[PDB]
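Structure of interest - contains paromomycin.
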Amino acid sequence: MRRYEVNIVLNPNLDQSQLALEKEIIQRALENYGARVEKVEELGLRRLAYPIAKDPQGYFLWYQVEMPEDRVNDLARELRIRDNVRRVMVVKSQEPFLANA
Amino acid sequence: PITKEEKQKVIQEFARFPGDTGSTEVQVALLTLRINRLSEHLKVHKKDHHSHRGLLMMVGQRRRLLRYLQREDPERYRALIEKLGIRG
Amino acid sequence: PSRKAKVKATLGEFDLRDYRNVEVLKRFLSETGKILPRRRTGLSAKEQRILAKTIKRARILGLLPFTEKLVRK
Amino acid sequence: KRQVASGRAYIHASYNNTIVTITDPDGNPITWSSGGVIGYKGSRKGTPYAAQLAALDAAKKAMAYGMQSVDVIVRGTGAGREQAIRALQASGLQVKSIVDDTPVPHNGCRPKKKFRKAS
RNA sequence: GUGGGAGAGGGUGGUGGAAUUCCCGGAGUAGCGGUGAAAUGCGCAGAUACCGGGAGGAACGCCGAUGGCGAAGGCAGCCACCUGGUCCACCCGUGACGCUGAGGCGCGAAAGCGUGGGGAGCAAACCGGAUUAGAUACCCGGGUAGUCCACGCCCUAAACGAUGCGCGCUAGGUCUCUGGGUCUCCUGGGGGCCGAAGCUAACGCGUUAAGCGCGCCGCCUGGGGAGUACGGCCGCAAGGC
Ligand SMILES: NC[C@@H]1O[C@H](O[C@H]2[C@@H](O)[C@H](O[C@@H]3[C@@H](O)[C@H](N)C[C@H](N)[C@H]3O[C@H]3O[C@H](CO)[C@@H](O)[C@H](O)[C@H]3N)O[C@@H]2CO)[C@H](N)[C@@H](O)[C@@H]1O
Ligand SMILES: NC[C@@H]1O[C@H](O[C@H]2[C@@H](O)[C@H](O[C@@H]3[C@@H](O)[C@H](N)C[C@H](N)[C@H]3O[C@H]3O[C@H](CO)[C@@H](O)[C@H](O)[C@H]3N)O[C@@H]2CO)[C@H](N)[C@@H](O)[C@@H]1O
Ligand SMILES: NC[C@@H]1O[C@H](O[C@H]2[C@@H](O)[C@H](O[C@@H]3[C@@H](O)[C@H](N)C[C@H](N)[C@H]3O[C@H]3O[C@H](CO)[C@@H](O)[C@H](O)[C@H]3N)O[C@@H]2CO)[C@H](N)[C@@H](O)[C@@H]1O
Ligand SMILES: NC[C@@H]1O[C@H](O[C@H]2[C@@H](O)[C@H](O[C@@H]3[C@@H](O)[C@H](N)C[C@H](N)[C@H]3O[C@H]3O[C@H](CO)[C@@H](O)[C@H](O)[C@H]3N)O[C@@H]2CO)[C@H](N)[C@@H](O)[C@@H]1O
Ligand SMILES: [Mg+2]
Ligand SMILES: [Mg+2]
Ligand SMILES: [Mg+2]
Ligand SMILES: [Mg+2]
Ligand SMILES: [Mg+2]
Ligand SMILES: [Mg+2]
Ligand SMILES: [Mg+2]
Ligand SMILES: [Mg+2]
Ligand SMILES: [Mg+2]
Ligand SMILES: [Mg+2]
Ligand SMILES: [Mg+2]
Ligand SMILES: [Mg+2]
Ligand SMILES: [Mg+2]
Ligand SMILES: [Mg+2]
Ligand SMILES: [Mg+2]
Ligand SMILES: [Mg+2]
Ligand SMILES: [Mg+2]
Ligand SMILES: [Mg+2]
Ligand SMILES: [Mg+2]
Ligand SMILES: [Mg+2]
Ligand SMILES: [Mg+2]
Ligand SMILES: [Mg+2]
Ligand SMILES: [Mg+2]
Ligand SMILES: [Mg+2]
Ligand SMILES: [Mg+2]
Ligand SMILES: [Mg+2]
Ligand SMILES: [Mg+2]
Ligand SMILES: [Mg+2]
Ligand SMILES: [Mg+2]
Ligand SMILES: [Mg+2]
Ligand SMILES: [Mg+2]
Ligand SMILES: [Mg+2]
Ligand SMILES: [Mg+2]
Ligand SMILES: [Mg+2]
Ligand SMILES: [Mg+2]
Ligand SMILES: [Mg+2]
Ligand SMILES: [Mg+2]
Ligand SMILES: [Mg+2]
Ligand SMILES: [Mg+2]
Ligand SMILES: [Mg+2]
Ligand SMILES: [Mg+2]
Ligand SMILES: [Mg+2]
Ligand SMILES: [Mg+2]
Ligand SMILES: [Mg+2]
Ligand SMILES: [Mg+2]
Ligand SMILES: [Mg+2]
Ligand SMILES: [Mg+2]
Ligand SMILES: [Mg+2]
Ligand SMILES: [Mg+2]
Ligand SMILES: [Mg+2]
Ligand SMILES: [Mg+2]
Ligand SMILES: [Mg+2]
Ligand SMILES: [Mg+2]
Ligand SMILES: [Mg+2]
């Protein structure tokens, strides 16, 4: 059981219901691939350096989770199934490494 | 892959006397473990050769150690084999 | 050339595994999209090497640009 | 017959020919020119001269649509990319900016032998 | 063993943007392309140039190096899983368990073969245009295998450090990657450079030996005939030993 970080960038265009629906499907996802959520950051609408899906912006979440490694990929596969989801990036959590310290 | 726990089991299992880390027994048991883990990896990924080199080297070390056991103590040897399900 | 500004003297302690931090990572891309050399970052061998990956993760998410058009010239 | 007056100028440069297309702010071409547009036939189309000419022509035809302001995109590395720039600069058109767009791959396709020893 | 470190080492799955080609749509008009110069070629069924959308294949710019990993061939976008080697500190455990290694088995760039698949760019053969005294070529326009994927063969090479493996002994200076410590410095593993002694036909090698030594394998014996003939063995073949 390892710590990862799940990055999800979805539609700038979602209103309250559609978005809290997406978030709901994400919860259900994580939960049914066996992930416990340690902390979360919803940074929301933010300004992309290049256009993704013809939209210049994206809605950013990040979730730091503990899950079984063996299912990690399938989880992402699931997260990606959704239409409104245009980026998924899962990382194995790494301890912060800082220059100038 | 192989947890500090899985390892601990196998060592505390095979140790002559408590705290015996590197006896011929133990080494042969860790090896067997690593080898079976690895050959299992290689029943899929039959295309991964560089690992399979690791495997041959590993079996070399194993056999080395055993023929040394057979040399010094035909007992500890025979017993450790049957317990470890080797000779093939 | 390149003895004028080293991006290491620019900020002090900063997380180099942080691929979400735009304005800091963004400090390492040239006028084009290009990831700057060790020269002008003045990073260390390993620092540089780590910058590479974290910046590519940033790129892939949409935070950092892949290539940018050159102004003037 | 749009009457554009604010627009884009694209200079495209070869060791073969230099070619200037002018569009509206939306990228849609109004008028253009090249080395062969003016009478040059052979290699001559790649001359800095030939380039100056194509520039000037393109701009003049563009005054006919009533253009004044233009932002300038440049692609290709060519002889006379810069004389075409310089040409347009005072064609009496006002150059509001210049950009180098010359497209570079991340190693997409094996170039022809002519371009190899690199990928 | 324990605890920490660096890495294009390997297998699988997913996946990102740049570029080319193709298709669709808009704007647009007389040429584009290509060369020493040109022609073949493409364009009025509207090409090049430009903007918008889509499809597909292949390869991963910058970082990137004087760098890292690997037994070797060789390995470079990013993510995850599986997995091999390796190094440092602790000096904890085994107690000579070591070295080399005929045969055997495994791997083994490229090209090449079989079954399918895929085929954007490139491109043997090939079809053209130029060039030339000719030009079965160098240049130009096309193009098939192939290059790509899976599975199975093929076993070759300037497969090169043209330098077999292991261990010990023999001044140093400097650059670098990467661990450790009482962190001006010290200490361990790797990549370079200059040099003591020494060696070498010379060039040059010199703690990454081509020096001084021991173990063990492979290999050499004037040039051509010849990597040929013959026999055997392997191979679907091409061919290999
Ligand atoms: N990351 C994928 C890798 O695929 C490798 O090989 C895979 C691919 O190369 C190959 O073909 C795939 C396939 O999806 C399909 N038939 C077409 C597709 N374009 C290919 O994927 C492609 O991806 C990149 C671009 O992203 C291409 O440059 C490359 O030719 C190809 N790998 O099929 C294989 C499996 O689908 C290895 N199995 C492994 O390294 C890894 O899984
Ligand atoms: N997985 C398919 C592979 O394709 C290969 O195709 C390779 C060859 O065509 C070519 O090799 C060239 C070489 O001429 C030259 N000596 C060095 C050069 N850097 C290489 O090129 C390569 O460089 C790097 C590789 O990381 C890439 O950035 C670049 O895209 C690639 N063209 O680049 C390709 C990328 O590997 C080989 N057949 C082999 O590696 C393997 O079969
Ligand atoms: N393989 C290259 C990459 O290495 C990074 O991490 C790798 C290395 O940093 C790390 O090295 C560890 C070492 O830290 C640790 N102290 C001991 C461990 N044995 C090592 O791992 C190594 O040896 C083991 C067998 O012992 C192998 O299973 C493994 O493949 C090998 N990396 O093992 C990781 C996996 O090999 C990347 N995060 C990972 O994605 C990727 O594997
Ligand atoms: N897009 C067109 C393509 O045409 C292809 O056409 C291919 C096949 O028709 C043909 O292969 C035939 C084989 O089908 C038949 N059973 C026996 C025959 N002796 C083979 O002959 C071939 O063998 C090799 C491949 O091993 C080919 O590369 C070569 O053209 C030919 N000697 O070789 C062609 C070249 O690849 C395939 N249908 C497929 O790749 C694709 O549809
Ligand atoms: Mg060993
Ligand atoms: Mg003996
Ligand atoms: Mg005895
Ligand atoms: Mg020309
Ligand atoms: Mg790797
Ligand atoms: Mg994934
Ligand atoms: Mg595209
Ligand atoms: Mg069209
Ligand atoms: Mg016509
Ligand atoms: Mg015609
Ligand atoms: Mg438009
Ligand atoms: Mg387009
Ligand atoms: Mg230098
Ligand atoms: Mg230097
Ligand atoms: Mg090496
Ligand atoms: Mg090599
Ligand atoms: Mg002791
Ligand atoms: Mg020790
Ligand atoms: Mg004792
Ligand atoms: Mg004895
Ligand atoms: Mg050996
Ligand atoms: Mg091979
Ligand atoms: Mg091949
Ligand atoms: Mg084939
Ligand atoms: Mg075809
Ligand atoms: Mg071609
Ligand atoms: Mg050709
Ligand atoms: Mg010809
Ligand atoms: Mg002729
Ligand atoms: Mg001839
Ligand atoms: Mg033709
Ligand atoms: Mg063989
Ligand atoms: Mg052989
Ligand atoms: Mg050397
Ligand atoms: Mg070497
Ligand atoms: Mg070496
Ligand atoms: Mg050798
Ligand atoms: Mg050894
Ligand atoms: Mg030194
Ligand atoms: Mg130096
Ligand atoms: Mg130097
Ligand atoms: Mg330190
Ligand atoms: Mg050294
Ligand atoms: Mg090396
Ligand atoms: Mg020297
Ligand atoms: Mg001397
Ligand atoms: Mg001398
Ligand atoms: Mg000698
Ligand atoms: Mg011989
Ligand atoms: Mg021989
Ligand atoms: Mg003779
Ligand atoms: Mg031969
Ligand atoms: Mg014979
Ligand atoms: Mg036969």
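Chain letters run A, B, ... following the sequence lines, proteins first, then strands; residues in each count from 1. Both ligands and their constituent atoms are indexed starting at 1 by order of listing. The structure has been trimmed to a portion of the entry, and contacts are counted only among what remains. Just so you know, these numbers use all the heavy atoms, side chains as well, and skip hydrogens, waters and symmetry mates.
Counting every copy, the structure places paromomycin at ligands 1, 2, 3 and 4. What binds paromomycin (ligand 3) most in this entry is, by the naming of the PDB entry, 16S rRNA. By chain letter, those with a heavy atom nearer than 4.0 Å to paromomycin (ligand 3) are E.
The structure places no covalent bond from paromomycin (ligand 3) onto a chain. For chain B, the deposit records the name 30S ribosomal protein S15.
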